[PDB]
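Quick notes on the structure that follows.
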Amino acid sequence: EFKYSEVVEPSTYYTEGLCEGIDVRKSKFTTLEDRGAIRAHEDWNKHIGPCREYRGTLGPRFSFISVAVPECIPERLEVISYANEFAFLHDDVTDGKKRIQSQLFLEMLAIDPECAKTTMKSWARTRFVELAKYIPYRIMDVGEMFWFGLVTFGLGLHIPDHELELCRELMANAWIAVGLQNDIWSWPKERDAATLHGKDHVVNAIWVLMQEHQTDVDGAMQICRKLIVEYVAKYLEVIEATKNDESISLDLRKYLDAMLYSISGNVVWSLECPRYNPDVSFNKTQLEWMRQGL
Ligand SMILES: NCCCCCC(O)(P(=O)(O)O)P(=O)(O)O
Ligand SMILES: [Cl-]
Ligand SMILES: [Mn+2]
Ligand SMILES: [Mn+2]
Ligand SMILES: [Mn+2]
Ligand SMILES: [Mn+2]
């Protein structure tokens, strides 16, 4: 079932109980993520704006995709990472000579034509105060469709265009969980941010909660955390049920199972990622490429 990654040993990383039930697997080719990402840095630096030693998908120990998609087909690892960083870019901008990223697009056809077209096609595209309302919004402000299109490719999945409607209704709890996670850890980031624009609000669950619940910062977190834990289960439920219906795509069922590790992945990464954790430094290896190599 798994041939491109190893389980990470639990006594070596912190989970904060925020993914009870999921192994942690590392892609066993993580340095491909390194190189795919950094090229994107260079390309960005090259073609649209300054970009050196950027805090995105890379972590000194846990880099995102290496740990969020650890069974990704090795040959495809770089370009995916290349994508994700660009994604991680195009976000910072949200919170020219850039159409030239078809070289990326082109890169994919050379590998998997159909998977590419989907994914590409798949890539067709505030101030909330009650959680019930936010959840719809953020579940895409985090990038459901992107990630979808992303993983399918790297796993070379083909799902028939009809389950498309279905699939998303399965991974609600999932996408829900990770949204909150980001909002927990991207919180100070995204918090200091709203402080600058002069915003009265922060488009972040923590802020919503504080409003919806008359509570302070601390109060918002505990709840959110209490919640994440519960959407975890809610999704885990699904697995067991869905484990054996053949009207379900082999691929979908794969894709579902694969989502587990994005969750576990998100945790450890976000607990480390220089992106959310400035104090965090990279690898010798990681840097040696950023400063000099690649
Ligand atoms: N698929 C996992 C990517 C998590 C990124 C979350 C964010 O990009 P970040 O909090 O990193 O800016 P968003 O701004 O959309 O909350
Ligand atoms: Cl822990
Ligand atoms: Mn533990
Ligand atoms: Mn952001
Ligand atoms: Mn964003
Ligand atoms: Mn965020």
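Numbering of chain A is taken from the PDB entry, so the residues present carry the numbers 2-96, 135-164, 176-344, in order. Both counts, for ligands and for their atoms, begin at 1 and track the order of listing.
The compound at ligand 1 is the drug or drug candidate neridronate. Lab note: main contact partner of neridronate (name per UniProt) = Fusicoccadiene synthase. Within 4.0 Å of neridronate, judged by non-hydrogen atoms, the site holds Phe65, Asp92, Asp96, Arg188, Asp191, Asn232, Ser236, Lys239, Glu240, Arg325, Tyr326. Scanning the protein for heavy atoms near atom 6 (C) of neridronate, the closest one is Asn232 ND2, 3.1 Å.
Polar contact check, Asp233 against neridronate: no nitrogen or oxygen pair lies under 3.5 Å apart. With hydrogens left out, the protein atom closest to atom 13 (P) of neridronate is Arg188 NH2, 2.8 Å, a heavy atom. Looking at neridronate, you won't find any N or O of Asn316 less than 3.5 Å from one of its N or O atoms. Looking only at protein heavy atoms, the nearest one to atom 2 (C) of neridronate is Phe65 CZ, 3.6 Å.
The nearest heavy-atom contact from the protein to atom 3 (C) of neridronate is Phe89 CZ, 4.2 Å.
According to the deposit, the organism of chain A is Phomopsis amygdali. In summary, the atoms of neridronate found under 4.0 Å from a heavy atom of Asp191, numbered by their order in the structure, are 15 (O). Within neridronate, the atoms closer than 4.0 Å to a non-hydrogen atom of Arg325 are 9 (P), 11 (O), 12 (O), numbered from 1 in the order shown. Ranking the protein heavy atoms by distance from atom 12 (O) of neridronate puts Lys239 NZ, 2.3 Å first.
Counting atoms of neridronate from 1 in the listed order, those under 4.0 Å from a heavy atom of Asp96 are 14 (O). Among protein heavy atoms, atom 14 (O) of neridronate sits closest to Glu240 OE2, 2.9 Å. With ligand atoms numbered from 1 in the order given, neridronate contributes 10 (O) to contacts under 4.0 Å with heavy atoms of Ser236. Summary of contacts: the protein heavy atom closest to atom 5 (C) of neridronate is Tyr326 OH, 3.7 Å.
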